[PDB]
Amino acid sequence: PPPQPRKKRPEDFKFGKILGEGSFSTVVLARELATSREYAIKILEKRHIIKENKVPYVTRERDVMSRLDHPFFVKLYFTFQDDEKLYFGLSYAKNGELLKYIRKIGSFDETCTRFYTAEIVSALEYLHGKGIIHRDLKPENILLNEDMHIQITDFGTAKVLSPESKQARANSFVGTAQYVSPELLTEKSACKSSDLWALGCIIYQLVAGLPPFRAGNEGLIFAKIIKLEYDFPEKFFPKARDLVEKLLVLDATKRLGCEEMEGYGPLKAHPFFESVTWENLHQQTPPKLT
Ligand SMILES: CCCCC(=O)N(Cc1ccc(-c2ccccc2-c2nn[nH]n2)cc1)[C@H](C(=O)O)C(C)C
Ligand SMILES: CCCCC(=O)N(Cc1ccc(-c2ccccc2-c2nn[nH]n2)cc1)[C@H](C(=O)O)C(C)C
Ligand SMILES: CCCCC(=O)N(Cc1ccc(-c2ccccc2-c2nn[nH]n2)cc1)[C@H](C(=O)O)C(C)C
């Protein structure tokens, strides 16, 4: 086989605190003894994922993450298993979820909204260029590294579209109610443009402090999405409002940035992004949130 480092094993690490608990996974900070490097190790119990029919999501996460090579994504460095567990060695995003910052500060100023929006747009341009739909983009899945650059995660519900068939639509029903696109609800398929709908909701949330479609329960949220039933608060940055209006469009072929709208060029050219230097965002110093 191709030359590669020795496969790792649990005894190669000292495990420390739990960083997160999921319904079928747990993430633990670990130090690799031989290097002193720190990883976030996602651990899944084989019996549990077998019983709860989660193996396809686990295999999907490994397959999609292994294809990514870009600074705005959590990195999958290695995987291994033992008799009871599967292990993913991921980069550790020390500053946690973007959602945490929205909640603490209430909403972002225009400079920070623009910067973080531009990072997300650049990450989506990369993903869509590889024919990958995220399908569950939301602030909880946009992590922040030590330098406050984004690290998008949660690829177990992502989809690699088939280049051989020029596949544009994916059929699995996945996502989170507040960010799900109208085409997934009504046509039961998603496309790359479904991520641009989620982007619109995220920009709105950064400025307004709440996602645009919101209610106590999921069904009520769905009813608002399909009617495009939302409003802006009064002081919303005007160019950001124009951008959100060009993303939160019911017809998935009419969202700025989608292929039918001639792609990322026109989206990056939107007036909200006038000052952005798109070429090397990950090398730029992020603006301070407070
Ligand atoms: C190492 C974890 C357990 C893996 C394994 O070895 N197994 C379970 C299983 C389940 C689902 C899949 C799967 C993966 C991707 C896409 C679809 C599916 C799937 N498979 N069925 N429905 N969806 C693979 C393995 C055996 C088997 O089922 O082969 C059992 C006997 C323990
Ligand atoms: C409907 C597919 C059902 C499963 C199956 O049958 N497949 C895929 C697969 C993927 C992943 C695993 C897996 C997941 C977690 C941990 C270990 C494993 C694993 N992988 N190998 N052994 N265990 C298992 C099966 C065959 C194969 O893998 O070839 C298809 C492609 C014919
Ligand atoms: C049962 C191990 C032999 C199967 C094997 O070798 N492969 C399939 C594979 C690999 C890794 C996983 C996996 C998924 C989630 C978490 C950990 C692991 C894991 N298990 N062991 N290490 N990582 C599932 C299936 C290779 C590959 O598809 O990459 C082939 C191409 C050589």
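Position 1 is the first residue of the sequence, and the numbers go up from there. Numbering of ligands and ligand atoms starts at 1, following listing order. Any value given below was found using the heavy atoms of this structure, including those in side chains, with hydrogens, waters and symmetry copies removed.
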Point to revise | tirofiban, valsartan, asoprisnil - which at ligand 1 | key: valsartan
Review point. Which macromolecule here is the main partner of valsartan (ligand 1) by heavy-atom contacts, as listed in the PDB entry?
Key: 3-phosphoinositide-dependent protein kinase 1
Point to revise | Heavy-atom contacts under 4.0 Å between valsartan (ligand 1) and UniProt ATP-binding residues of chain A | key: none
Practice item. Please report which non-hydrogen protein atom sits nearest to atom 9 (C) of valsartan (ligand 1), along with the residue it belongs to and the distance in Å to one decimal place. Key: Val55 CG1, 4.0 Å
Review point. Considering only the protein, which heavy-atom contact is closest to atom 1 (C) of valsartan (ligand 1), and what is its distance?
Key: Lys46 CE, 4.1 Å
Practice item. Measure from atom 31 (C) of valsartan (ligand 1) to the protein's non-hydrogen atoms and state whether any distance is below 4.0 Å. Key: no
Practice item. Give the residue and atom of any covalent bond from valsartan (ligand 1) to a chain. Key: none
Check your understanding: Do protein heavy atoms approach atom 24 (C) of valsartan (ligand 1) to less than 4.0 Å?
Key -> yes
Practice item. Answer yes or no for atom 27 (C) of valsartan (ligand 1): protein heavy atom present at a distance under 4.0 Å? Key: no
Practice item. Nearest heavy atom to atom 15 (C) of valsartan (ligand 1) wins, so pick from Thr59, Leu44, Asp63, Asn53. Key: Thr59
**Study point:** Nearest-contact summary for atom 8 (C) of valsartan (ligand 1) - protein heavy atom, Å
**Key:** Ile50 CG1, 4.2 Å
Review point. What organism is given for chain A in the entry?
Key: Homo sapiens
Review point. If you map the residues of chain A that touch valsartan (ligand 1) onto UniProt domains, which domain gets most of them?
Key: Protein kinase
Exercise for review: Please write down residue, atom name and distance for the protein heavy atom closest to atom 18 (C) of valsartan (ligand 1).
Suggested key: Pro56 CG, 3.8 Å
Review point. For atom 5 (C) of valsartan (ligand 1), is the nearest protein heavy atom under 4.0 Å away?
Key: no
Practice item. Show the binding site of valsartan (ligand 1) at 4.0 Å, heavy-atom contacts only. Key: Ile50, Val55, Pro56, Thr59
